[PDB]
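Structure containing fidarestat.
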Amino acid sequence: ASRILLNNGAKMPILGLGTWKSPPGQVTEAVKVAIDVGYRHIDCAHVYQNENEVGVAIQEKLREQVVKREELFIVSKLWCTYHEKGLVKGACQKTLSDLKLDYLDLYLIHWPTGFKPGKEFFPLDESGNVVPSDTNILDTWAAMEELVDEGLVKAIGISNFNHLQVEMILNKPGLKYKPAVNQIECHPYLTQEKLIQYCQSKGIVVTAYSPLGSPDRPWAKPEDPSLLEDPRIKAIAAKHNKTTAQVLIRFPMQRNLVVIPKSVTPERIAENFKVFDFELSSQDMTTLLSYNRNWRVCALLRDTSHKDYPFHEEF
Ligand SMILES: NC(=O)c1ccc[n+]([C@@H]2O[C@H](COP(=O)([O-])OP(=O)(O)OC[C@H]3O[C@@H](n4cnc5c(N)ncnc54)[C@H](OP(=O)(O)O)[C@@H]3O)[C@@H](O)[C@H]2O)c1
Ligand SMILES: NC(=O)[C@@H]1C[C@]2(NC(=O)NC2=O)c2cc(F)ccc2O1
């Protein structure tokens, strides 16, 4: 089945296109190709600095009647410098304008960490530390709930929240809407069994980011593990007559996760979508899970001092 049921009653395509690092002069065509080939979920963010260009593609394909808006599932995130109650609505509307939408299917708090508002996405003090905001994530969550009540977003969620932070929202006094999704890093080197189990036990759908290991991450090093070239994973792919990437995408799908591989390459975009025609065995799945090494691509290493930094806790 191509979609999963959220706790807001809407359905979310379990496969989406990521857009972090997608160059602004390539991402319009990437999203047009993705929708042409059958993608119905696009994962976006203001901090990616390319929403206008993603939006151009979405609008053209609506205009062309390639797809209807009801059939698309568009996701964006609230960046850390906009956690203040007075800035949330504005941030959302700028993203909407850029994406040329009148609503988001899903809007996520991008990180539990709030930063000082301003032009800079990573505001620094004179000694190099990121400057935090005094806003806490419970007041940020209430502002996200307002967005629902104003019709700007159909669902709200969180990203990069650890289990104690998910729990804090779940136990927020006067909680109005629970989070629908927690978007976290997840791949065979970071399998996240504990956090996923917790979120799913709570009815919260987990989206797996960097499922291919983010080989274009800016800080990659030639000696890092490589999922795509791990011969153990190659072997499993070979056996199923699929590519390694296809295996890496099918893997979270069979854990009842949503997954959002990024590509701006038309051939790979199509490749990545042909994952609905084969099944990994239970054994394949346990084998993939065994490769966990708690290897994190996205650890926000410029702000490990934040009170709300999520990755000091085990999960
Ligand atoms: N919530 C957050 O904090 C957060 C954090 C990280 C990522 N994300 C989201 O998750 C998405 C996915 O993560 P990611 O961008 O870090 O990386 P990823 O999706 O794990 O990997 C993308 C890299 O893989 C390459 N690639 C894609 N398909 C391939 C295939 N079939 N064969 C070989 N190489 C392939 C891409 O190349 P080309 O593009 O050159 O084809 C690109 O270099 C992001 O784009 C973003 O939407 C969210
Ligand atoms: N260092 C990190 O872990 C995050 C990763 C991350 N990528 C992503 O998709 N979400 C993120 O927040 C990102 C994206 C940016 F545009 C800029 C910084 C950046 O930092």
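Residue numbers count from 1 along this sequence. Heavy-atom basis, side chains included; hydrogens, waters and symmetry copies ignored. Counting convention: from 1, in listed order, for ligands and their atoms alike.
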All copies of fidarestat: ligand 2
Bound partner of fidarestat, most contacts, as in UniProt: Aldo-keto reductase family 1 member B1
Identity of the nearest option to atom 13 (C) of fidarestat, non-hydrogen atoms only, from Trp20, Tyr209, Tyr48: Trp20
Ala299 and fidarestat - part of the residue with a heavy-atom distance under 4.0 Å: backbone
Distance from atom 16 (F) of fidarestat to nearest protein heavy atom, with residue and atom: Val47 O, 3.2 Å
Enumerated fidarestat atoms positioned under 4.0 Å from heavy atoms of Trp79: 12 (O)
Residue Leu300 vicinity, atoms of fidarestat by number, heavy atom under 4.0 Å: 1 (N), 2 (C), 3 (O)
Heavy-atom contacts under 4.0 Å between fidarestat and UniProt NADP(+)-binding residues of chain A: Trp219
The one among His110, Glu185, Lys77 that brings a heavy atom closest to atom 11 (C) of fidarestat: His110
Shortest protein heavy-atom distance from atom 12 (O) of fidarestat, along with the residue and atom involved: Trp111 NE1, 2.8 Å
Contact check, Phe311 vs fidarestat, heavy-atom distance below 4.0 Å: no
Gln49 contact mode with fidarestat (heavy-atom cut-off under 4.0 Å): neither
Active-site residue (UniProt) of chain A nearest fidarestat; heavy-atom distance: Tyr48, 3 Å
UniProt substrate-binding residues of chain A, heavy atom under 4.0 Å from fidarestat: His110
Atom indices of fidarestat, in the order listed, that fall short of 4.0 Å to a heavy atom of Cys298: 3 (O), 5 (C)
Heavy-atom nearest neighbour of atom 18 (C) of fidarestat within options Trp219, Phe122, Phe121: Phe122
Site of fidarestat: non-hydrogen cut-off 4.0 Å: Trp20, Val47, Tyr48, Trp79, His110, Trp111, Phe122, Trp219, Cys298, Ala299, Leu300
